[PDB]
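Quick look at a structure containing sulbactam (bound form).
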Amino acid sequence: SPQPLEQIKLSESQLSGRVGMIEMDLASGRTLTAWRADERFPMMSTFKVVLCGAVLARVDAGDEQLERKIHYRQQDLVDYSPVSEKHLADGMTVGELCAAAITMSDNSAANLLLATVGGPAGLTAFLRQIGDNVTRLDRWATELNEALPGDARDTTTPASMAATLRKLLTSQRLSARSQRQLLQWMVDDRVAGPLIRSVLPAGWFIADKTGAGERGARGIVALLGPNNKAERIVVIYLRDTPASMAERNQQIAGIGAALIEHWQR
Ligand SMILES: OC[C@H]1O[C@H](O[C@H]2[C@H](O)[C@@H](O)[C@H](OCCCCCCC3CCCCC3)O[C@@H]2CO)[C@H](O)[C@@H](O)[C@@H]1O
Ligand SMILES: *C(=O)/C=C/N[C@@H](C(=O)O)C(C)(C)S(=O)O
């Protein structure tokens, strides 16, 4: 594979779309690679990690409990609810809802949690509270993935998302237990995690949340590193490409390969 920036450029050329990327040291925030890092991209399902950071903040404040059971109705369900559709009779705890939202990308679980933090506006206010003045959630799950050109709704920037994830995972804004919980939910991703491990060389750590949307939107927020350590945050977003899902996945994997082969920078 070529150097990271050369591979990122190659991916735009091959996809005819925009790629946004940040590679950042998790412990210090040192930015290593930045490409269109201040440009907007639809967050898609990656917003679910920030959502659960807001839930954990409420738990830390004593305004929520991960144990609290939420009972919901079938009419509350939206498209793609693999875990929540199985619990109409018994409900799910707030912690179970975050696990379903992050590890299975369950949309009804995400919406139930979104209401607890004040909806899209409440989550956006939380982002402003932690110093992210760019990321914004405007719609509920299912409609936030529309990815219309020029539409600023439900977007982030690679730089903003990377800084926000670092703040949630390591800045001590969340309690120690909450920081550990958010990380474990990403480690536990069932949608892409196992697949990524299957193609990663031995010794590489992965934790992640992926997303997909219209007009080719695709993305991933991840922790990656050799020696089985979450050394870096890597955020990659793609937008406005007509390519197949398989090729969008292949290009993101290609950028990851370039990082792996040329890690010491
Ligand atoms: O010299 C480095 C390595 O080069 C190859 O590894 C390949 C691997 O066989 C391939 O499967 C992967 O594809 C990349 C898979 C990446 C998948 C997800 C990437 C995500 C993760 C973080 C956020 C953004 C992208 O590339 C590496 C590096 O060339 C060799 O197979 C391996 O033995 C060797 O240790
Ligand atoms: C998160 O990225 C979700 C992606 N897609 C879903 C969505 O809510 O937009 C569907 C319903 C389109 S499907 O799961 O792809």
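Residue numbers start at 1 and run along the sequence shown. When reading the values below, keep in mind they use all heavy atoms of this one structure, side chains included, and skip hydrogens, waters and symmetry mates. This deposition comes from X-ray crystallography, 1.3 Å. When a ligand or atom number is given, it counts from 1 through the structure's own listing order.
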Practice prompt. List all ligands or chains that belong to sulbactam (bound form).
Written response: ligand 2
Practice prompt. Please name the chain that forms the largest contact set with sulbactam (bound form), as given in UniProt.
Written response: Beta-lactamase SHV-1
Worksheet entry | 4.0 Å heavy-atom contacts with sulbactam (bound form) | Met44, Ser45, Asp79, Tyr80, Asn107, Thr142, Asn145, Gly211, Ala212
Discussion item. Under 4.0 Å from a heavy atom of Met44: which atoms of sulbactam (bound form) are those, numbered in the order shown and with their elements?
Written reply: 2 (O)
Discussion item. Using a 4.0 Å cut-off to any heavy atom of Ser45, which atoms of sulbactam (bound form) qualify?
Written reply: 1 (C), 2 (O), 3 (C), 4 (C)
Discussion item. Within sulbactam (bound form), which atoms have a heavy atom of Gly211 less than 4.0 Å away?
Written reply: 2 (O)
Worksheet item: So is there a nitrogen or oxygen of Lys48 less than 3.5 Å from a nitrogen or oxygen in sulbactam (bound form)?
Response: no
Item to complete: Determine which UniProt-annotated active-site residue of chain A is nearest sulbactam (bound form) and quote the heavy-atom distance to 1 Å.
Response: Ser45, 1 Å
Worksheet item: What about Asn145: any of its N or O atoms under 3.5 Å from an N or O on sulbactam (bound form)?
Response: yes
Discussion item. Any chance you can find the covalent attachment site for sulbactam (bound form)? Residue and atom would be great.
Written reply: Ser45 OG
Discussion item. Closer than 4.0 Å to some heavy atom of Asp79 - which atoms of sulbactam (bound form) meet that?
Written reply: 11 (C)
